[PDB]
Student: 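Just passing along the structure, written as structure tokens.
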Amino acid sequence: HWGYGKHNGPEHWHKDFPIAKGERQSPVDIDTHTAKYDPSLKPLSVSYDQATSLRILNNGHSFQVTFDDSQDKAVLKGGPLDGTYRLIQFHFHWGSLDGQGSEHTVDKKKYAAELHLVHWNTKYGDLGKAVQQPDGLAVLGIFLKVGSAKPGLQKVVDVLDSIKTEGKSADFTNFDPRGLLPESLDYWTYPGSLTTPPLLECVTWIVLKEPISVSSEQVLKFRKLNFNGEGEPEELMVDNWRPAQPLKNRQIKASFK
Ligand SMILES: CCN[C@H]1C[C@H](C)S(=O)(=O)c2sc(S(N)(=O)=O)cc21
Ligand SMILES: [Zn+2]
């Protein structure tokens, strides 16, 4: 029932998911001048060379690319984390125009889109168990700005026409998610939540400082997707982002000066 529209969007979510008004909700604005450089923070370790993508899917809220997480193949470690987190899926949030679409903001600046690579802590055995734990997930957030094309995104773009409406999926094997990463792995980090229902407070957020650039043609393809199912009144999948939430009793730490 939940969505991004006037009658089911972020302002309505708390009714079915009261934790929407909790103490560690995401996304947040990253105030670069308030964030503290923490020299104790380790470099991120992104090990994606054995990543095995499975399928790409329109779920009525975003599109996602899913991975085989039945063993340690695509994993995130290091940074603020202890232990190993397996990549399960990635998805995006984007806007109706280039001046909005990101969930996190940087000094109130909104990017055109935001990529989330979702990982779960192997010590909990599966994703369903992990989301019930304060250190269950690590989500790697990457900003998208519009400019030059991102070659590593093109295979994704190429196939969106085949998953236009809710419930559609396609084979999406042999995709290398390394092609979506920026040069630098400098990051901000803070304790937060899923940004969609059920909004569980189970996420260590790792948001990269460096955006990737994607082309206008690439993000236009995102905006042609549909929230609706096939045969239903067409409502473009645009503006599928939750606004910044109160930081409350939290510190955002920077891995860089
Ligand atoms: C459709 C809702 N999906 C939820 C629950 C899934 C179990 S998930 O894969 O853990 C995940 S990751 C994010 S986000 N936007 O914070 O990165 C939202 C969700
Ligand atoms: Zn997300």
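Residues 4-125, 127-261, in that order, are what chain A shows, numbered as in the PDB entry. Order of appearance sets the numbers: ligands from 1, and atoms from 1 within every ligand. As a basis for the values below, the full set of heavy atoms in this structure was taken, side chains included, without hydrogen atoms, waters or symmetry mates.
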Student: Tell me which of fadrozole, dorzolamide, desipramine, dyphylline sits at ligand 1.
Tutor: dorzolamide
Student: Hey, quick one: which chain has the most contacts with dorzolamide in this structure? I'd like the name as UniProt has it.
Tutor: Carbonic anhydrase 2
Student: So which heavy atom in the protein is nearest atom 5 (C) of dorzolamide, and how far is it from that ligand atom?
Tutor: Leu198 CD1, 3.9 Å
Student: Of the listed options (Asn62, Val121, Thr200), which comes nearest to atom 2 (C) of dorzolamide when hydrogens are ignored and any heavy atom counts?
Tutor: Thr200
Student: Checking a contact table here: which protein heavy atom is nearest atom 16 (O) of dorzolamide, and how many Å away?
Tutor: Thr199 N, 3.0 Å
Student: Name the UniProt Zn(2+)-binding residues of chain A with any heavy atom within 4.0 Å of dorzolamide.
Tutor: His94, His96, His119
Student: So if I count the atoms of dorzolamide from 1 in the order they appear, which ones are less than 4.0 Å from some heavy atom of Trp209?
Tutor: 16 (O), 17 (O)
Student: By UniProt annotation, which domain of chain A makes up most of the contact surface with dorzolamide?
Tutor: Alpha-carbonic anhydrase
Student: Considering only protein heavy atoms, which is closest to atom 6 (C) of dorzolamide, and at what distance to one decimal place?
Tutor: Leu131 CD2, 4.8 Å
Student: Can you tell me which residue and heavy atom of the protein come closest to atom 9 (O) of dorzolamide, and the distance to 0.1 Å?
Tutor: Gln92 NE2, 3.0 Å
Student: Which UniProt substrate binders of chain A are under 4.0 Å from dorzolamide in heavy-atom terms?
Tutor: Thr199, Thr200
Student: Taking only heavy atoms of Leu141, which atoms of dorzolamide are found under 4.0 Å from at least one of them?
Tutor: 10 (O)
Student: Which other ligands or ions lie close to dorzolamide, meaning under 4.0 Å away?
Tutor: ligand 2 (zinc ion)
Student: Just which atoms of dorzolamide are under 4.0 Å from any heavy atom in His96?
Tutor: 15 (N)
Student: Under 4.0 angstrom from atom 19 (C) of dorzolamide, is there any protein heavy atom?
Tutor: yes
Student: What residues, by chain and number, sit within 4.0 Å of dorzolamide when only non-hydrogen atoms are counted?
Tutor: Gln92, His94, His96, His119, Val121, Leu131, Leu141, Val143, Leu198, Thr199, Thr200, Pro201, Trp209
